[PDB]
Amino acid sequence: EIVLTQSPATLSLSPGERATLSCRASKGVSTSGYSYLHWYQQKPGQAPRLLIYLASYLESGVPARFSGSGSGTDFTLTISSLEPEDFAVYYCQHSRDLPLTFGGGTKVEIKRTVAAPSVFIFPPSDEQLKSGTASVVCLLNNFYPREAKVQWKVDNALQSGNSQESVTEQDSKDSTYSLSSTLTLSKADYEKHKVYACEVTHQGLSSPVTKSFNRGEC
Amino acid sequence: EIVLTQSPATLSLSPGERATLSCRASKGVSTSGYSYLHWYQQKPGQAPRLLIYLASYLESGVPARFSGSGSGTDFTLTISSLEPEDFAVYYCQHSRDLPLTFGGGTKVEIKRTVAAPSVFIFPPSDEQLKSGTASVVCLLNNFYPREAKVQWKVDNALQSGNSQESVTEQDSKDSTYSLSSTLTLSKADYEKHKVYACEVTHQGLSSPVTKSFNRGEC
Amino acid sequence: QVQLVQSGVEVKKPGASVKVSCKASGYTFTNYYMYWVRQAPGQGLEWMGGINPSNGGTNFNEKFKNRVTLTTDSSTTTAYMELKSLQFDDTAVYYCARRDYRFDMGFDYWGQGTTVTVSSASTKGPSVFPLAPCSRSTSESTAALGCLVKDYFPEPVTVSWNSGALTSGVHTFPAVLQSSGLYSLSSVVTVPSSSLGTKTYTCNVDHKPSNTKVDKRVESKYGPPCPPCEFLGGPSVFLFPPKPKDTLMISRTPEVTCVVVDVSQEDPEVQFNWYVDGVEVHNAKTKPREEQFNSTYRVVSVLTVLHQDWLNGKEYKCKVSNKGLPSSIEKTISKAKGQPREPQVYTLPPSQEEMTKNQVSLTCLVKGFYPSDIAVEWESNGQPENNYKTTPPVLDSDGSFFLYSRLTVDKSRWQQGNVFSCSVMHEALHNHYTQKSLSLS
Amino acid sequence: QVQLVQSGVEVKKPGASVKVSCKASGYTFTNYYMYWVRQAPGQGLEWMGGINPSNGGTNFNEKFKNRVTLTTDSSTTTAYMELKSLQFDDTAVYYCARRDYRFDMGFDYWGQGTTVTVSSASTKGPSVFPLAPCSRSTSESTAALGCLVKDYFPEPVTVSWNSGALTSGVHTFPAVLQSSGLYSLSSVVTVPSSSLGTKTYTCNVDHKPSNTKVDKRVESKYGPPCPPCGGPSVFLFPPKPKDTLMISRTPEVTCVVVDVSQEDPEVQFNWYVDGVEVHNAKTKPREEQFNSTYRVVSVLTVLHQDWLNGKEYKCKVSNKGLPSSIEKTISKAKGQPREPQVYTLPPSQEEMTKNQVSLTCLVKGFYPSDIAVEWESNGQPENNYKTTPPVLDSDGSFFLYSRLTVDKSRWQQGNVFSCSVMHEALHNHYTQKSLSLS
Ligand SMILES: *[C@@H]1O[C@H](CO[C@@H]2O[C@@H](C)[C@@H](O)[C@@H](O)[C@@H]2O)[C@@H](O[C@@H]2O[C@H](CO)[C@@H](O[C@@H]3O[C@H](CO[C@H]4O[C@H](CO)[C@@H](O)[C@H](O)[C@@H]4O[C@@H]4O[C@H](CO)[C@@H](O)[C@H](O)[C@H]4NC(C)=O)[C@@H](O)[C@H](O[C@H]4O[C@H](CO)[C@@H](O)[C@H](O)[C@@H]4O)[C@@H]3O)[C@H](O)[C@H]2NC(C)=O)[C@H](O)[C@H]1NC(C)=O
Ligand SMILES: OC[C@H]1O[C@@](CO)(O[C@H]2O[C@H](CO)[C@@H](O)[C@H](O)[C@H]2O)[C@@H](O)[C@@H]1O
Ligand SMILES: OC[C@H]1O[C@@](CO)(O[C@H]2O[C@H](CO)[C@@H](O)[C@H](O)[C@H]2O)[C@@H](O)[C@@H]1O
Ligand SMILES: OC[C@H]1O[C@@](CO)(O[C@H]2O[C@H](CO)[C@@H](O)[C@H](O)[C@H]2O)[C@@H](O)[C@@H]1O
């Protein structure tokens, strides 16, 4: 049972830069003159695509800019010069022994100037409130990098384990991220409190931005 | 047939006053110790209600302030201490003979202090404008006495022949009236003019009240 | 629990028939006669006939004998009135009513009535149009809304609001008959302005002859899909007169109080503007804003009354502007019946220095009056004059007004001892009239 | 061309079974292994097993031995993967991928994937709720609106805006699997806040597994049945009469603009003296005046002679909330000046019975109406006086009265009182007339 560690988990570069992805095997994968390690590219919603096989030989149909190097336990996949089509996840795989295992992946993301999030808050709709549940939605729009902390507060009291976040993929045109946070409460628990707010922390913000509303005042 | 002559036709009194309604039969309606003459109260939108039977017996459930008297040909209904809810038409009826016949009624109206109308104007709905007619409505709410005048002006031109009014019956609690006037125009004529005005004249208003709107500012 | 329930609205053609049922309950059906009475439009009550349910014996009004049939059904305790060979003038409300068999004690219980229309005109259901204000204004505390139920035949139509839940302030008007022969009716409701956008308002219209049942929405909530346009409906202003309650003495100092509530936490800053007869005043005591307690803010402004202003009937106007909202909320109060102040009238001869001119000025000082509404005229030996001018009223330090009126005359006329009079018309004068004379001494 | 086509979407209950197919084409099926790899949502790749089509020889991952059956059909060049005893964490996209039998050169061709959902739910269509600002009045130019597509099963849902017409600014988030086992997603769109009641905003949600289509109106145009809830204006103020008549004092023309929008707070002022542009106006910074509006003031100083010889002072105001520009003009009242005559009048004989008496000053025959009137006692200014506005007489000139209220004792003890008038037609713009008990 051989395991593969990839590094860095996330690589943030500009189109034109070089990408050097690393893969480390717990035991040696080279046997009889060949290193049984391969690389794959994965775009969202698509199957993985073979790039390099046996850690070096280029796969038919794959661009010249992709190359692989390594033997033993340390392997490198290089992308001499990135293109917009190269921003994707990259996986390493061994086959010197069964079971076959993959590395955890390395996401190659587009580098960009820091943009603060345009934050918006939405109360639960009247239509929903008649159903017994209440969803309060906080939107963090067109920001970069992906790291951003959303804290939900009800009457200045911190909330925990009653929220769920979802994030978009990096936008094709402006290379930005958008995030949604939903605080779910029952109608009884929602009717008990009055003030609802989502505080947002991000590299682009000099001080936490907090958008809020009052239950009755709508 | 027996003709039952009621008088007065109308009676306008303040609450707390005694009301005296008379019924004179053309032939005697008394026989063997009984006078076959009954009194009813009819309020707007309801069936007549029996008050008094056989000239002077009070019907169960009717308040004691109602009483009947007389014999032979001359009969009287008395309301000793009028209330606002006593607004109604009161009829006498005999059963001495066939055909059974009713008097022509006495209408009891309640007097109160002068109340100026509150005026409201309503433009035609976009829904009605899909057809080829425009109805403009004016409301004169909760006023006393009944006499009120509405004048319609379309870009300062006095309207005639294209208006209709309805007046409510006197209210059973506050003793006021309300009036709705409708100006009816073709959509073509409605769209050729800008300001629609309803002018109200009433005793409670020292100077007339005008409510207006400009078509297109709705 | 005596009940007589009649069948529903009917519309029939002339020459046809109508059968009205009357279902009796809560009593021994066979111990009461059933009578039929109608009420034609613009008419009184008319007896049609009666039946004895125990044996089927009948009596009829000779006017309908030959066209009316009375029948009973003992198993369903129902009485029927059938009127055949219908005439246009048979249009009426028809009632059943009971009468005790053994003793004639009147028609003690009646059915609710059946509206019957006789017509060869076609049945038509109404169009229901909402009545909503053309952009409602401030500071109107009451709003009206309604429904126009247009172009239907025959009568009647029923209207309710919010499925019968809304009854207070409702006026359903009698129908109007258009020149087309079709009816229209309007139903309205008055509600607090504060309630618009809080609750929905819908009129429920039923026209049973055409099986029309419409629920027309007149006013919605604030309230996606309605664009947002601040929230809560808006802050509410309450302007109180001088009182309050409890005790004496010289503290005291009567005050008009302006109180505002439903002021949000995101828009707390409030400004107060005070007007006495539409003249801005600046002596008011605006108390510091307080959170207490629900969630909103409460800000209080106290204006001290001056002179005899409240008793004179002066108007105290408080205007509240919230920092963040588009408009200003204005409230006005005053004593119902004000005590006016009487004008004092004084005549002044021409200045000694003006006596060197060809024309001299006769002056009339009028002061100490309230209201400002006044008129001044002049006369010469009692005859109304031609060339005089009066200034507008000027507000004095004591809360009353003063003015001057000036009459120009030839010096020769003043010098020959003619009597000139200054005449004043005002609410606070005996016979709304007074004059003061001036002559060369 | 080499192609691996997999069978469609699968939705199973836990404890059930699933069989996925992988149709191979464009190559010699028996010269390649067929491998099975899965990917759980937002996770990495897990190799399950492999089959050698030429002999049926299978290799597995310990975690999948016993639950997976791998089969092949060489006539139909199809590989199958049967996963038995399904568990919630078998929810993934399952892929087939081939591999050369002789020399291992990686998984060079993959199928498109087959999504398998393992759940106790129960196909269900979404409840679509609107997402809108609680109070979008603000001063910000961009508003966000959306649709919350909650409680549906299984995936996927599709969201469009205005039937495909609205594409810019849209962000449809990936679905979230809630504790209930029902999915939920939000779709949002940023639009210009000006458009809110001018344009319609509708999200079109389609959930094909339940055959549900919902076109939810989140924001409509203005008008009934919606409950009900005009650009900048300019005022130009002339100098004070005393300031134009006294050389010590400074006269100014003040231009104020009100009803300025929060989104458009421009401060563009242009001043003209007799049609010729000037630049010596001292403009002040803008301020929020407890309304949803801004107010800003510009003050142009004027020379005494320029105002007195007429001269038109024009104030042009510019702002991006106007179709064009607002321009107001002011000047001294036109017409031939006429000189005031000043007369003092003692109290009426009848007013002498009162504690306080009136001293009257008549000022007549003046043009224009700009004038200042004051009172003095002995050798100092007075306070308890009120002056009437100027009144136009029948001869085209103005008159007024000024009234000084005094304690009868002050008048009776012989104090001298003075009525002083400042007007342009007077010599040195000033005159004074005295009043004393005779
Ligand atoms: C939102 O708020 C704005 C700011 O107002 C302040 O804040 C609000 C919230 C309230 O608290 C207010 O009480 C408060 O004032 C509003 O601005 C006002 O807009 C209106 C337009 O609708 C302006 O009205 C015009 O006023 C002229 C006279 O103005 C002088 O006198 C006023 C008192 O009587 C005084 O308040 C003014 O400041 C101004 O004072 C002079 O200022 C100059 C320069 O500093 C000095 O040199 C003088 O000495 C001052 N003189 C005095 C006596 O103090 C009118 O002449 C004018 O009328 C003319 O035009 C109209 C048509 O436009 C004709 O109908 C009319 O017949 C005539 O020809 C007009 O009434 C008002 O001045 C504005 N107030 C200020 C402070 O500038 C916004 O309107 C408001 N927005 C909405 C939508 O509500
Ligand atoms: O001054 C001439 C002439 O003007 C009128 C207009 O009707 O109004 C003036 O006088 C009134 C009192 O008589 C004042 O109330 C008013 O403000 C003033 O302009 C006439 O009344 C007067 O004869
Ligand atoms: O789909 C299974 C997968 O989802 C997880 C993590 O999000 O949670 C869900 O799993 C079940 C779905 O029917 C529910 O029992 C559970 O409440 C829900 O949150 C994991 O349990 C699992 O890996
Ligand atoms: O009319 C000549 C001349 O006299 C004055 C006073 O000096 O005006 C007086 O006569 C006018 C005509 O009757 C009046 O209108 C005016 O009120 C009165 O003082 C001058 O002003 C005028 O030019």
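Note: chain IDs run A, B, ... matching the order in which the sequence lines appear. Following the PDB entry, chain A residues are numbered 1-218, in order. All chain B residue numbers match the PDB entry; in order, they span 1-218. Chain C is numbered as in the PDB entry; the shown residues are, in order, 1-229, 233-444. Using the PDB entry numbers, chain D covers 1-229, 236-444, in order.
The PDB lists the drug found at chains A and D under the name pembrolizumab.
The PDB record for this entry identifies chain A as Light Chain. The deposit lists the name of chain D as Heavy Chain.
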